[PDB]
Structures are given as C-alpha cells and as structure tokens.
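Quick look: FTC-TP on DNA polymerase subunit gamma-1.
Letters A, B, ... mirror the listed sequences (proteins, then strands); counts begin at 1. Values reported hereafter were calculated over all heavy atoms of this structure, with side chains retained and with hydrogens, waters and symmetry mates removed. First listed ligand is number 1; within each ligand, the first listed atom is number 1.
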Amino acid sequence: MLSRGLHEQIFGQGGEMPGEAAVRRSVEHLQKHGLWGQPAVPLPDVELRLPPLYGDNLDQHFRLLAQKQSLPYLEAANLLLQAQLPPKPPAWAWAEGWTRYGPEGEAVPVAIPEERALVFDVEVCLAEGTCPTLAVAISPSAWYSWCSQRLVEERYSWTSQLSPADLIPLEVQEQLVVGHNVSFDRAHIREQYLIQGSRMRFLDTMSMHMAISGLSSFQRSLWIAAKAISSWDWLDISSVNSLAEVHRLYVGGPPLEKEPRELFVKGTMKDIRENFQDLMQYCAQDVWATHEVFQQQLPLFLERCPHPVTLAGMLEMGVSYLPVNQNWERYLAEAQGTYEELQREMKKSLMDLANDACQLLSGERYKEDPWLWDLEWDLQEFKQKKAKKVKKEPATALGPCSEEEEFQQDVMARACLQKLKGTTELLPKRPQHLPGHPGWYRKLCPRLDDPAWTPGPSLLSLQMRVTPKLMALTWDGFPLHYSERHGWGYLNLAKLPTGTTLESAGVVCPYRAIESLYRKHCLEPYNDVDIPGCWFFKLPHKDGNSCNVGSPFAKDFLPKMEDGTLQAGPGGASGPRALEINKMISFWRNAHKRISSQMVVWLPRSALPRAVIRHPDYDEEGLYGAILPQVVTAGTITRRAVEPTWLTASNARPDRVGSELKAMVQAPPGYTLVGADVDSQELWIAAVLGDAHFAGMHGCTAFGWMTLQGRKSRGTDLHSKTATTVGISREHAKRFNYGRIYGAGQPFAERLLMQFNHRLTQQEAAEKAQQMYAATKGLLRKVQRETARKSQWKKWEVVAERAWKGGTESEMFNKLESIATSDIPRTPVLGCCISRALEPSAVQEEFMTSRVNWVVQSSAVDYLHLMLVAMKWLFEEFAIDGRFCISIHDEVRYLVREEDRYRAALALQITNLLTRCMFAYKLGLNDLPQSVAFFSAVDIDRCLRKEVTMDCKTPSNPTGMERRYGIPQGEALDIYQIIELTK
Amino acid sequence: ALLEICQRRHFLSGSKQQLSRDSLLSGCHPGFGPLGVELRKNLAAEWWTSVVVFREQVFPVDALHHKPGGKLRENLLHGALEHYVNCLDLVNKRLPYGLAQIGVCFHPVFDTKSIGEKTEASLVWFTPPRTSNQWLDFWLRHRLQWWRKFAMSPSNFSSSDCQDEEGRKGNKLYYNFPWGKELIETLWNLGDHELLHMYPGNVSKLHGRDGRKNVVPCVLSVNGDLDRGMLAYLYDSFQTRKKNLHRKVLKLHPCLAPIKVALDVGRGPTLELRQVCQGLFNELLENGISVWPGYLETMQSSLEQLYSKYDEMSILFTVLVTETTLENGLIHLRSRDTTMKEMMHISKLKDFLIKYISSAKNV
Amino acid sequence: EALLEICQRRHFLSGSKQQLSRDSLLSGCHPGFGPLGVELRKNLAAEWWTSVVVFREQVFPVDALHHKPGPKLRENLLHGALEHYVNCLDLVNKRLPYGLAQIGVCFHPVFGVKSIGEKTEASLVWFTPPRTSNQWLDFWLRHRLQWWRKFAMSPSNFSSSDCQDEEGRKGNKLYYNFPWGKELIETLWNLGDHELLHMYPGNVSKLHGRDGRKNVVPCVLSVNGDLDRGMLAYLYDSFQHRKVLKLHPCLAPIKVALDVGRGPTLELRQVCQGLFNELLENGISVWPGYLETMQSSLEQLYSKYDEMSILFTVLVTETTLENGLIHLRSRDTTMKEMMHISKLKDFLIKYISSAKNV
DNA sequence: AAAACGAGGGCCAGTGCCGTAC
DNA sequence: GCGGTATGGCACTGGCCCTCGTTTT
Ligand SMILES: Nc1nc(=O)n([C@@H]2CS[C@H](COP(=O)(O)OP(=O)(O)OP(=O)(O)O)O2)cc1F
Ligand SMILES: [Mg+2]
C-alpha cells in the first residue's frame with residue numbers, strides 16, 4: 001500500500017506520471033530476468049506529525065535552510081573579498097597577546113581582534129609542541145599579530161592548558177575564519193574546545209581548491225613528475241594541494257619563498273627568537289597568499305557549487321569535536337606498554353634465532369645451509385699503522401704464601417693500567433661497527449655511538465627480508481628467495497628446460513640439503529609445480545606462479561600457516577605465534593605516532609557547564625577535556641573528509657592492540673552521543689540512478705529492486721544475500737559488490753573471491769561466470785555486437801554509428817557512463833561539478849572509473865551535506881542541546897545529552913527520511929520505498945563505536961573500566977515527537 | 001632433564017645426586033651453589049628494583065621468623081600485617097600503600113615428616129575497597145610482565161584467574177616446566193578480615209584516607225617463590241630440531257646472570273707485566289660487574305674447553321688479555337649469545353659492559 | 001636515652017612500649033625493625049659483602065639451612081658453610097686456601113617461660129693451612145677493624161681484644177664502646193680441623209687441599225659479625241636543642257628528600273615527580289615529602305628529616321618553574337643553599353662517590 | 001715537511017608492500 | 001577493460017655530501 005511500497009507523505013499530492021508503456025517494459029523485463037515472486041511483507045507504516053515545511057518543494061526547503069545557515073558567513077566572506085589591504089608593518093611587535101597594526105603599522109596592544117572575518121595561519125614550535133608560538137591574521141580593516149607566552153625563558157610544564165590563541169568575542173553574526181588547512185588553526189583556538197558553542201565557523205582554501213580544480217592521487221603522482229595521448233592537457237589547469245602551488249595556480253603571481261631551514265620543525269625555541277622578525281614575515285606572506293587565493297576561489301567555488309547545501313554542509317563539517325578525559329592518557333600508557341611488551345618478545349625470539357645461527361661461521365660450514373649463503377659472512381680486522389721500530393719480533397716478546405705488606409701494589413697495577421690505556425687511543429680513529437661479526441650481523445645491530453643503543457642484535461623484523469628466510473620453511477620446500485618478488489603465493493602442456501654449469505667465481509649454491517629437507521618433510525622444475533610445492537636448482541624464474549606482484553613477507557597467511565603448509569622450523573608453533581604477534585601490533589605500528597602525538601586541551605572546572613558538575617560525576621579528581629579532529633573539509637573524491645588519524649582509526653577487534661581508539665571518545669557526564677550509519681547509501685544511490693533513468697518508479701530495474709527489498713533486522717540485505725551464496729559475510733561481499741560496480745575485472749574478482757572463500761579455482765571461476773551476467777553484454781575488425789542486427793557485411797560505410805556504447809540486461813552502468821560522457825559539469829543531484837582536470841573537455845579523458853566513482857561517491861557526499869544541514873535545522877529550532885558534529889563519510893554522530901537523546905535520534909530519523917525523499921525528488925517521483933526511508937540502527941551511548949555491544953583487547957574488560965552500555969534503535973524512538981513535551 | 005650435570009659441574013646447585021623434582025619443588029634441597037645463590041641474589045634484587053624502589057608508597061618491612069609464644073612461619077604476610085599501623089604513620093594514612101619483604105619461609109612436608117624451607121618475595125598491598133579488583137588486575141599484569149621478561153621464551157609463563165571458597169578473587173602464576181605447569185607466584189584479594197581480627201578493640205587506628213573519607217583497607221597480597229623462579233629461569237635458559245650443530249649453553253638474561261664477564265690470560269706464558277689483569281679486575285668489580293678470574297689454571301688446554309666451561313656458566317662475555325694488548329691496548333672479546341671474536345679497548349670495554357647491562361635492563 | 005624514642009617516631013624500630021629497652025634490643029627478642037632500620041641494615045650488609053668481594057683471590061657466597069637436616073634451628077653459621085666445603089673444593093680446583101661468606105638470620109634462646117630471639121649475622125669461614133693460619137687471622141683482624149673504622153664517626157669507639165684457650169689456639173673479639181657498656185660486635189676464631197674432621201670421618205682423603213705440591217688438611221678461621229649490633233652501634237655513633245642522626249652517606253638509608261614550598265599546584269608535583277624519577281634512575285634513595293599533604297612548618301620538617309638521617313633536603317618553590325633554581329639544605333652543616341635542578345643529580349652522585357675512601 | 005684522491009657513514013628523497021577506514 | 005576514494009607506516013635503495021685515512025710535496 002501502495003505501488004509496491006510507499007508511506008504516508010505530504011511532499012506533493014501529484015504525482016503520477018504513470019508511464020504505462022515504461023512500466024510495461026519494466027514488468028516484462030523483471031519477468032524474463034526474472035523476478036516475480038513477491039514476498040508481500042508490508043513494513044509497519046508510521047503516522048507522525050511532520051515538522052513545518054516552508055514550501056514549495058523540499059528543494060526550496062533545504063535551499064532556504066542552507067542559505068539562512070550560511071548567510072552571515074557569506075556576508076563575512078564578501079567582506080573579505082571587497083577588502084582593501086593595508087600594507088604590512090615595518091616591524092613586528094615582540095609582545096604577548098595580540099597586536100593591532102592599523103595606521104602606518106603602529107603597535108596597538110590588544111587582547112582579542114574584534115573582526116567580522118579574517119584570514120589565519122598559526123605557528124607552533126615542534127621542538128616542544130604542540131603549543132602555539134606565533135600567529136598572524138589580516139582583516140578588511142587592519143593587521144594583527146599574536147605572540148604566545150613563550151617570550152620569557154622559563155621551565156614550563158605543558159599539560160595543555162587554555163594557552164591556545166583566543167579569537168572568539170564575548171557576549172556578556174558572528175565570526176568566520178578562512179585559511180589554508182584551517183582545521184589545524186582551529187585546533188589552536190582557545191574557545192573552540194568548550195563543550196558548548198559555537199557561532200564561529202571556518203572556511204578552508206585547500207578544500208575549496210579541491211572542490212574547484214582538484215585531482216586524484218594518481219594524477220598527483222605524475223603531476224609532480226613534470227620536472228596517454230591527450231593526458232597532458234590538464235597539467236596546467238590544476239595543481240597539487242600545496243600552498244605555493246595553489247597560489248601559483250589561482251593567483252599566478254611570483255613564487256612565494258618557503259623557510260629554507262624549516263626552523264619550526266627542525267630547530268628549537270632558542271633559534272626561533274633569534275629569527276623572530278623573519279618568521280613573522282614568513283607567516284605574513286602565508287596569510288597574504290592565503291587571502292589572495294581565497295579571494296580568487298570564493299566566486300569560482302560559488303559558481304561550480306551553486307547549491308548552498310554544499311556550502312553550509314562544508315561549514316558544519318569543519319567544526320568537529322571529540323570530548324575525552326584521563327582515560328585517554330591511561331589508554332596511551334597501557335597500549336604503548338602492551339606494544340613494547342609484544343615487540344620485546346618478538347625481537348627477543350628473532351635475535352635469539354639470529355645469535356645461534358651466527359655460530360656456523362667457523363669453519364665455512366655456512367655454505368651447506370640452504371637458507372644462509374646469500375649474505376656477507378665477512379671477517380674484518382682493521383686497522384693499524386707502524387710507528388714503533390725497529391727489527392725485533394713483538395709477537396713472542398705454584399708457590400703458596402700469604403703476603404700483604406705491599407699495600408700499595410694495587411695502585412701500582414692501577415697506575416700501570418691507566419698509563420697503558422692512554423697510549424693506544426691515538427692508534428685508531430673512528431670507532432666502526434664490530435668487524436669480528438659477519439656483515440649480515442653488523443647490519444642487524446645498532447651503532448655503538450648511538451644514543452639509543454640496545455645490547456645484542458636489534459632492529460629485528462617482521463617485516464624484514466633477512467629474518468623470514470632465516471628460519472621459515474617454504475611451502476613444502478626448503479629455500480625462499482627474493483629478486484623482483486619474494487616467495488610466490490597469493491597476491492595443453494607447458495614445459496621449461498634446465499641447466500647446470502660452473503665457470504668461477506660466484507657464490508656456492510647448495511641443492512642437496514634442499515632435496516634432503518624435502519625428504520624429511522614428506523617423511524610423515526617438473527613435476528610438482530601446479531598444486532604441490534618444490535624448488536628447482538638455479539635459473540631463477542616463475543615456472544608456475546599465480547600472483548603478478550609477490551609478497552615480502554607473508555604476514556596475512558594465518559590460515560595458510562595453521563593448516564600445515566607452510567610452517568617454520570625451528571620450530572613447532574613458533575611460526576603461527578609469530579604471525580599472531582605481527583597481526584596484533586600491525587595497527588599500532590603504523591599509527592602510534594599519530595595517536596600519541598594527538599594533542600588534547602584540558603578545560604578547568606571554571607570553564608565548563610556547571611550542569612555537568614551538578615551531575616553525580618566529577619569524577620574523583622578527574623580531568624575532562626577534548627580535541628578537535630582537525631579535518632580537511634573537502635578532499636578528493638568527492639570533497640570527502642580527510643583526516644590523518646580518526647578516519648583511518650581501527651574498529652573494535654579483540655586482536656589488535658590499539659583497537660579501542662574509536663571507543664575512547666567518552667562523552668562528558670550528563671551528555672551522551674547519538675549517531676547513525678546509512679544502510680545503505682551508495683548501493684541504493686546506484687539503484688536510483690538506474691530506475692529513475694529507466695522509468696519513473698524505484699523498482700523498475702533488476703539491480704535496483706534487490707537493494708530496497710532486504711532488511712538487516714532478522715532478515716537479509718542485498719549484501720547479505722550475496723554473502724549467503726555461499727559466500728562470505730559480510731564486509732567481504734560488500735567489497736565484492738562495490739568492487740563489481742566500479743569495474744568487475746575477471747582476474748581481480750577471481751583472486752578476490754578465491755581469497756575470501758578459500759576453495760578451488762574451477763568452481764570459483766564458475767561462480768564468477770555466473771555472477772558476470774550482470775555486466776553482460778555491452779557494445780573493420782571489432783567486437784561482434786553493434787547497432788545493426790548482424791555484423792557481417794560487405795563494404796558497408798557506417799562510421800557514424802560507432803559512437804554509442806552501453807551494457808545490457810541487469811545493471812545500469814549505462815547511466816554512470818552517461819554522466820561520465822558529458823563534457824559539461826556532470827552534476828547529479830545535487831549538483832556540484834568538480835575538477836578542470838577530470839572534465840572530459842580538453843582531457844582524453846581515460847579516467848572513467850574515477851569518474852563513475854566520482855558520480856556515486858558525490859551522491860554520497862551530497863547525502864552527507866544534506867544530513868548535516870537537516871540535522872542542524874531542527875536542532876536550533878527545537879530545544880535540543882548539543883549540536884556538535886562528528887561524521888565519518890557514511891556514519892554520523894552528534895554529541896547530545898542524556899535527557900534529549902531520544903528526540904535527537906528522532907531528528908536523525910527525520911533527517912534520513914527527508915534526505916532520501918530529496919534524492920527521490922531530484923529525479924522523480926517524490927514517492928519513495930519503505931525499507932529505505934528510515935534508519936535501521938541508531939547508536940545512543942557514552943562512547944562512540946560500531947555495535948552497541950563492545951569488547952576489547954588492551955583493557956581486556958570494557959565495562960570493567962568506567963563505561964556503560966549501548967542501545968539498538970529501533971522502533972521505540974518513534975513515540976517521542978520533536979516537541980519538547982514528551983513522555 | 002639432562003642439564004643437571006651442568007648444574008653439578010658448574011655449581012649453580014648442590015653436587016648431590018639426590019636432587020629430584022620433588023626435592024627441589026618442596027624446598028628440601030641441601031642448598032644451592034655459589035652461582036645459584038648469586039643468580040637468586042640478582043633475581044631477588046631485580047624483584048626489589050621493579051617492585052619497591054620505582055613505585056612509591058611501598059616500604060620494606062622486617063618480619064620475624066617465629067612467634068614469641070616448634071614450628072615457624074609458613075608465610076611472611078602476617079608479620080607484615082603486624083606492622084600496619086606504624087607504616088600507616090610514616091605514610092600519613094595515605095592508602096593505597098604496600099609493604100614488601102624477601103624472606104625464607106618454612107613449609108611442613110609429609111614425605112610419602114620433614115620440613116622444607118624456601119625463599120619467598122612477598123608484597124602486601126593495602127588498597128581501598130573501591131579499587132581492590134583494579135589493583136589486583138594491575139599487579140597481576142605487572143608481576144606477569146616482570147616474569148615474562150628475562151625469558152628466552154615468555155610463552156611458558158601463564159596466569160590463571162580463580163576464586164576463593166567464599167568468593168574472593170585471586171590469580172595464580174604458572175611456569176611451563178618440561179613435565180607440566182607449576183605454581184611460582186600467587187595473588188589474592190583478602191577482604192580486610194585478618195586486619196579486623198588483629199585489632200578487635202579500636203578499629204579507628206585502621207582507617208585509611210581514601211581521599212575525602214577514611215575507609216577500612218582491603219588487603220591485597222602477592223607472594224612469589226624465588227626458588228622455583230630461579231629454577232624456572234635456569235630451565236628456560238637451556239635449549240630443538242634440524243639445527244645440524246649443537247652446543248651446550250644456558251642463555252640467562254644478562255641482568256640476572258651470576259657472572260657477567262670472564263677475565264683470562266692468553267699467550268701465555270708472559271711475564272711479568274700481567275699485573276694489568278689485577279687492574280682491570282679491581283676496575284671491573286668497582287663498577288659492580290661480576291668478573292671470573294682466569295689466573296691460576298691447570299689448563300693449558302683447548303680454548304673450546306674453557307669457552308664451553310664459560311657457556312655452561314652463562315657468562316656473557318669472555319675478555320682475553322694477551323701480549324699484543326700489552327703492546328698496543330686492544331684486548332679480545334667473545335660473546336655468549338653469538339660466539340665471535342672481537343677486538344676492543346680497555347676503558348671502552350668497561351663502559352661497554354656497563355652500557356650493556358644498563359641497556360639490557362631497558363627494552 | 002632520648003635516642004630510643006626518636007627511632008620509634010621515625011620508624012627505625014618497630015612499635016613497642018615495654019620491649020623498647022636496651023636489654024631487649026641487645027636481646028634477639030623483637031619487635032623487629034622499621035623500614036629505616038631495614039634499609040640501614042641492607043646498606044650495611046651490602047657494604048659488608050662489598051668489603052669481602054674486593055678480597056683476593058675468590059670467596060664464594062653460600063646459603064645454609066635454618067632447621068636441622070635430620071629433623072633444631074641453627075645457632076652458629078659455620079656448619080652450613082662446612083657442608084659445602086668439599087663441593088666448593090672443585091670450583092677453586094683445590095688450588096689455594098679459600099673462604100665462604102654468608103649473611104643469615106641465626107637464632108639464640110632468650111631467658112615465667114623462656115623465649116627465642118633472632119639476630120641477622122654475617123659470617124666468613126676462611127680455610128687456610130695451619131702454618132699460615134695465625135697470620136691470616138691477624139690479617140682479617142686488621143681488615144675487619146678497618147671495616148668498622150671506615151663508616152665510624154669515631155675509631156676509638158671500636159676496640160679489638162685478644163684471647164685464647166685450649167680449644168681455640170688464638171682468637172680475637174671486636175668490641176664496641178657505647179659507653180653504657182662495651183659490647184660484643186664480632187668474633188674471630190681459629191678453629192682447628194677437629195670441627196671439620198668430626199663431620200667427615202672418613203675417609204678424610206677428600207678434606208686435605210693442595211698447598212704448593214703439598215697435601216694438608218686446612219685449619220679453619222671463623223669470622224662472625226653482627227649486623228644488628230652494628231646497626232645499633234652506628235645509630236649510637238650518629239646521635240648528636242638539635243637532635244640529628246649523622247649516619248655515613250654510603251650507609252644512610254634515605255640520602256635525600258624533596259618537598260614543595262608554593263601552595264598545592266599540579267605543576268610542582270610534576271617537577272617533583274620528574275626529579276624523583278631522575279634521582280631514582282641513578283640509584284639515589286629519595287623520600288617523597290611532596291605528596292604531601294599540607295607542608296606545615298619548615299623547622300619541624302628539617303627536624304624530622306634530620307632525625308631520619310637525610311643527607312640533603314630539597315625544596316621546590318614556584319621560582320623553580322621559572323629559573324630552575326632549587327633550595328638545597330645540608331645536614332652536617334645545615335647550610336641553606338640554592339642550585340639549578342639539572343646539576344643536582346651530578347652533585348649528589350659526586351658527593352656519595354667522594355665518601356669512598358679508606 | 002705539504003697537496004690530492006679514495007673509503008666510510010649519515011642525511012636526504014624515492015620506491016615497493018602493507019596497515020586501516022569509508 | 002580497468003573497484004573507487006582517502007590516511008599512514010616500514011624496509012630497501014642509491015645518490016648527495018662529508019669525513020678520515022692513505023698516499024704524496
Ligand atoms: N570497499 C568499499 N568501497 C566503498 O566505496 N564503500 C563505500 C564508501 S561509502 C559507503 C559507506 O560504507 P559502508 O561501510 O557503511 O557500507 P554500506 O553503507 O554500503 O553498508 P552498511 O550500511 O554499513 O551496512 O560504501 C565502502 C566500502 F567498504
Ligand atoms: Mg560508511
């Protein structure tokens with residue numbers, strides 16, 4: 001009820017738009033495909049009083065909202081554009097706080113620069129950060145220069161107080177701050193760390209550059225190489241995200257000079273004050289260039305992104321906020337401790353293996369070792385020079401008692417010792433590494449004059465290339481090797497000859513111990529090259545490999561390590577345990593820097609909501625603070641979020657060490673976070689882009705029908721339906737489908753599905769061939785399928801027909817290519833064009849996949865923006881405290897309070913509904929399906945995570961530590977209306 | 001189960017043949033050798049360092065071996081509990097706080113009538129009831145961590161979570177001997193019962209300031225058998241397939257190793273500026289590093305003999321002084337972990353040893 | 001006197017009200033020791049083991065059983081060292097005369113009903129040929145007297161007496177003046193082979209060790225010092241309106257203490273924690289009076305730190321958070337000084353190392 | 001006595017595989 | 001015919017530049 005899925009809506013009375021011929025073609029298509037076994041399972045319809053619409057459509061609703069949400073900031077930006085620049089001061093003031101430079105650049109002592117808008121770029125001495133030290137900000141009126149308290153030489157104690165730069169004005173409109181990578185400057189604002197607020201928003205010129213004339217990473221790689229027939233025409237219309245480069249692009253003026261010494265990151269605080277004036281000047285050049293770039297970008301961005309939704313969406317997306325406490329420091333300490341312990345164990349075992357293998361140097365018995373014969377095995381003893389003379393050999397030149405009368409013979413032996421000592425020091429010079437030990441052992445040791453010297457052989461690895469060969473047996477064989485790739489593994493007769501000859505002089509290669517080792521292995525070039533494992537003699541070549549890259553070293557083959565082949569020796573279960581140790585610290589190895597250096601400002605009990613103090617938690621001399629995620633507002637593609645740490649933050653796994661990083665953002669007492677994850681966005685997006693192109697309804701496609709048919713709650717989604725084939729649940733099937741949509745390569749899908757299912761290649765290939773039906777079909781000498789009924793002809797002139805291309809049957813890739821063929825903006829819907837470097841005008845463009853992905857992912861990002869502005873619209877209109885946002889592409893979490901959590905979740909549901917209806921309206925019709933209108937999962941609890949129930953590794957017991965629990969949602973939240981008076 | 005000959009030949013234990021696993025686990029052994037009691041010395045010192053010194057609110061306690069009112073003490077917990085009030089006075093009633101002591105205890109054993117003594121290092125941790133289990137988990141992890149280092153195979157040491165007959169939580173520590181696991185340290189959370197029984201009159205002298213309020217202290221306790229631990233490291237140090245060539249050597253951690261370096265005389269014979277060996281000797285012992293003197297000798301044998309003799313004693317480095325060193329000043333050196341000849345300078349050798357131990361203590 | 005009371009309030013001894021007399025302290029009866037006394041005894045035993053490890057050629061440490069091997073507690077610390085004689089003959093390769101040192105808790109009966117007392121003593125059993133036994137006995141006499149003389153504030157307080165009998169040919173006893181009564185501190189005897197020949201008959205062909213191509217059963221030297229009596233000795237030796245215990249730097253339990261001066265601020269605690277870690281990193285016992293919680297007066301604070309025999313007291317005021325300067329204050333001179341916080345470690349270490357002399 | 005050339009180690013950026021998220 | 005979009009890390013490597021000893025006025 002009705003039309004195979006619709007809800008009671010007041011978003012337009014009409015409407016059909018029947019398309020009888022179109023729906024006849026769709027029904028006929030879905031019959032021969034063919035799906036006509038409807039389950040007939042109507043979802044429970046919801047009847048609630050919707051919030052006031054402003055008319056006429058929801059398009060103008062979101063438009064007016066986005067406009068009124070970004071009007072003051074647009075006014076401020078316009079104040080920046082028509083700003084007449086006063087010249088730079090002749091000298092910078094060396095005083096704490098802000099200094100106003102107005103007429104003739106005089107020094108006016110100021111606490112807070114009161115301006116509607118300004119540019120900004122903060123400086124910070126990395127030698128003892130992360131505390132700000134310098135700052136410069138220009139305004140439409142005059143200039144400003146801020147200095148930190150680091151003007152007096154003291155022995156400071158940095159616990160990250162409220163020392164960052166003050167910028168916000170007090171009440172007892174309003175602010176806008178622009179700058180290159182503005183989030184980093186935001187993280188150094190005194191009033192941005194408060195739980196409440198804020199009126200001030202930020203505008204990033206880097207993100208703006210990315211939106212206007214951005215480029216992919218692959219494009220960056222060959223852009224900087226400038227130092228595929230028509231792939232070099234976009235080289236001068238775009239640039240990398242560097243400030244000097246983006247200035248040379250949008251302003252095209254003289255190349256700005258960068259600090260040659262990099263004093264803010266290479267030097268200390270000492271050499272900064274010596275060059276204070278200069279550094280200030282550099283900062284001024286930076287904020288000036290940033291100002292120019294902004295001035296040139298604002299109208300361009302406004303042109304390419306006409307819809308205000310993207311603007312306001314970009315405004316709220318930059319003011320993220322992560323509340324934390326002492327549990328953060330505890331997490332750092334415990335995780336680092338665990339990491340150091342596991343690393344201690346691993347390196348101990350490896351260096352133990354490396355020590356006992358060093359004994360077979362004497363005498364020349366290493367040549368027999370099938371693993372140890374490639375490396376050095378050197379023996380050095382250098383050096384000395386002659387100074388003593390002459391002509392005499394220096395190489396050869398039981399009585400019981402009780403004497404003690406020679407009391408001072410001890411100091412005689414001592415004097416002899418010291419006199420002997422200080423006469424040999426001038427014989428050598430620079431203390432080299434230990435020559436007695438072999439070269440492979442020298443390389444595996446820290447230098448003697450190194451400040452961080454550890455005893456014995458250190459620097460063991462995992463993932464090196466010496467130690468894996470040092471011990472491990474090799475796939476039902478003995479030797480492993482490396483040249484262009486390591487041991488071949490994972491990611492009609494054929495013959496190959498053999499040969500063995502000597503000529504001198506090369507390194508001796510044994511091959512008998514190999515055969516004997518194979519004999520010992522089976523005690524429990526051809527043949528045995530297909531499925532079994534064996535190594536030849538020399539050659540060296542492939543002779544039976546599947547991977548076209550190699551894998552140094554095998555670090556994700558646990559199921560191929562705990563099944564026999566392959567194993568290690570010596571010996572036992574040391575192999576799989578070593579792999580376990582590697583897997584555990586895999587995340588913390590490549591993130592510990594970003595996590596530990598992740599700063600956080602603690603706010604005192606004077607500058608926090610007293611309503612939290614009233615709440616029965618202090619807690620026991622506990623410190624509460626927060627950190628701004630520091631996120632680039634828009635990065636390719638398409639204008640997604642870009643953040644070094646929190647976007648690549650590991651989830652909750654009982655294996656990884658720092659896996660709790662996500663669940664450490666603990667909401668302050670009295671407050672709780674309420675978030676949601678779109679299920680699903682890009683799949684349903686592609687579906688809609690198919691059905692809206694085919695006809696008017698949403699279920700008029702073979703692919704677009706299965707998407708909006710399954711429910712994750714006690715049911716089976718499309719991803720879950722493909723995961724139960726079988727099939728592997730569930731993320732793997734997601735990465736199979738989403739990989740299929742953007743280019744289902746036969747060998748890629750092959751090795752992928754075979755990697756995830758773990759079986760044999762034939763049946764797998766059969767499954768793939770069965771699943772490749774979706775993309776089939778497609779289009780002098782050519783593919784045997786054209787616009788004509790048959791390909792065979794004689795001298796038939798038809799070069800005017802070879803311009804059409806598109807797949808058939810199931811999928812809808814034809815539309816994704818239709819948006820990828822337009823030489824004009826290509827903006828659906830909304831509705832913002834990107835990059836003068838990917839636009840097929842004056843570009844080959846040969847970047848098809850990146851553009852399809854651009855289409856769908858842009859739909860996802862516009863979805864994000866819509867969600868943001870929608871959530872913001874009914875958070876200020878109604879009494880919902882806590883508007884701070886924390887979004888990750890698909891998911892989005894708001895920092896609310898414990899008494900307004902259900903109404904906030906309700907706001908989330910409303911938001912999702914309105915956004916879905918927007919995507920439906922932008923293509924027609926306004927009507928939308930049932931099992932896609934509302935969120936299925938809404939997380940409401942103290943710390944943010946994936947599922948409502950959370951376990952961990954490092955703290956072992958989650959609720960054991962001061963935590964709570966989560967609550968699934970749901971259908972019970974649909975009883976609390978948006979009105980304040982509920983329950 | 002054949003390294004015993006190495007323990008007898010080089011006295012880390014008694015030379016008596018009657019040293020069964022029972023006789024060693026019960027504490028009825030005739031006694032440890034010099035290298036053995038030195039190993040236990042350094043182990044106990046390493047306990048004292050990573051338990052008492054670094055962590056504040058922890059003070060040494062001297063409990064007696066008997067009672068004023070024949071059988072002796074079975075545990076050195078009670079004697080530490082007796083010193084609660086005074087140690088509360090020196091800490092100004094600021095709990096959590098602990099009392100540690102390394103003393104020998106006497107266990108009655110019915111051999112299937114005798115009594116076996118064994119050295120134990122115990123720490124009684126007086127902690128508020130609000131944070132008892134947290135300190136229990138803390139000390140579990142830190143004790144287990146302390147025992148998992150110094151090991152060539154930390155996978156042997158394990159922990160077990162167990163409850164009392166009443167319900168009190170506790171944790172045991174095991175080491176995987178070749179014949180199975182064995183208890184080496186025990187951790188328990190006593191619910192302030194014994195302290196209440198000891199002071200029935202005024203319970204006011206037991207109240208400890210948790211912070212904003214005074215509370216009755218919950219009594220945590222961790223007792224670690226250092227004899228079984230010494231034997232555990234002694235077994236762990238000793239080596240196991242297709243190695244193609246084997247050598248007898250026990251790899252003890254350079255921190256708890258009985259004898260650090262070994263000084264000898266090579267080439268041989270050389271008279272009589274060999275008094276420099278005495279110089280290096282006193283210089284070495286002055287810095288507190290153990291040095292074995294290879295002066296008066298009957299061998300006069302293959303270098304492999306005394307090399308294996310030093311590897312059976314887990315001696316880290318073997319410094320050799322010959323006449324060429326008397327000429328220039330570059331003595332020889334042979335590491336135990338990796339048998340390899342290496343030339344070095346004298347004071348450079350001293351500082352190399354000091355830095356070796358100091359850095360070995362670290363990561 | 002007024003010394004036994006400042007060892008109760010400063011936790012050198014255990015809490016007692018009746019068994020706090022000198023006679024009960026001289027007895028093994030206890031009320032054992034407080035943390036300060038334990039640390040003092042540990043440093044004392046450490047210096048004891050150090051003063052015999054520098055001794056050429058080699059002396060092996062051993063540990064004896066406490067109870068009777070055949071079913072009872074030990075009185076002397078000689079038997080257990082005699083049991084490991086034949087064994088330790090192998091390690092010395094039967095080459096030269098040699099000794100065995102050990103520190104242990106021996107017992108002795110104390111006299112209603114009678115009880116049992118404990119004493120921690122350090123013994124050395126020096127096996128040496130009969131012809132060179134007396135000379136080596138005099139040697140050990142001198143070295144032990146000098147050993148007690150080094151850490152002493154007055155060498156005249158320690159005395160050495162000679163004696164002899166029918167069982168022991170020549171013996172020497174080390175006394176200590178209190179001066180409420182000179183007391184026994186250490187015994188040095190020259191027991192014959194009878195003691196050793198009594199527990200190994202026979203076939204006594206194992207006992208005689210090589211002495212320059214000569215087989216001879218070695219005479220036994222019995223060194224036996226008391227570390228408790230020594231502790232009390234140095235305690236009475238350090239007692240000097242002022243009430244300050246001036247124990248030796250190398251012997252003093254806690255050698256430094258640091259508090260704060262400015263009102264309770266977290267930064268002060270951070271700096272003090274830093275100095276705490278820095279000082280403990282180089283093996284320097286430090287008392288943490290910055291906990292604190294009030295920091296009342298400074299004079300009673302210095303009085304408390306002087307009654308605890310702390311070498312130097314450190315004060316971390318608010319100026320330290322600017323210049324790094326800190327308020328030192330000695331004990332032997334009680335001079336209020338000021339110096340940078342970075343050069344404190346080096347100063348303390350150098351001062352401790354300067355006390356190393358004989 | 002004095003000028004010159006080759007060997008050794010650190011700072012530098014580039015490259016190849018792997019780590020995670022959506 | 002092609003999974004896409006981002007963030008990093010570590011090992012390896014080779015070329016730049018320095019230093020220091022050897023060979024040379
Ligand atoms: N490998 C992936 N490529 C993708 O393009 N996506 C895209 C990026 S954004 C969108 C959201 O990711 P999700 O993990 O939430 O996947 P989903 O929404 O489709 O499914 P669900 O809601 O999480 O159940 O899916 C995800 C992948 F895992
Ligand atoms: Mg997502």
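One finds FTC-TP in this structure at ligand 1. The other chains with any non-hydrogen atom less than 4.0 Å from FTC-TP are A, D, E. Looking around FTC-TP, I see these other ligands or ions under 4.0 Å away: ligand 2 (magnesium ion). A heavy atom under 4.0 Å from FTC-TP is present in the following residues that UniProt lists as binding 2'-deoxyribonucleoside 5'-triphosphate in chain A: A:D677, A:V678, A:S680, A:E682, A:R730, A:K734, A:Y738, A:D890. The 4.0 Å heavy-atom shell around FTC-TP contains A:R640, A:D677, A:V678, A:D679, A:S680, A:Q681, A:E682, A:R730, A:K734, A:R735, A:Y738, A:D890, D:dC22, E:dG3, E:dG4.
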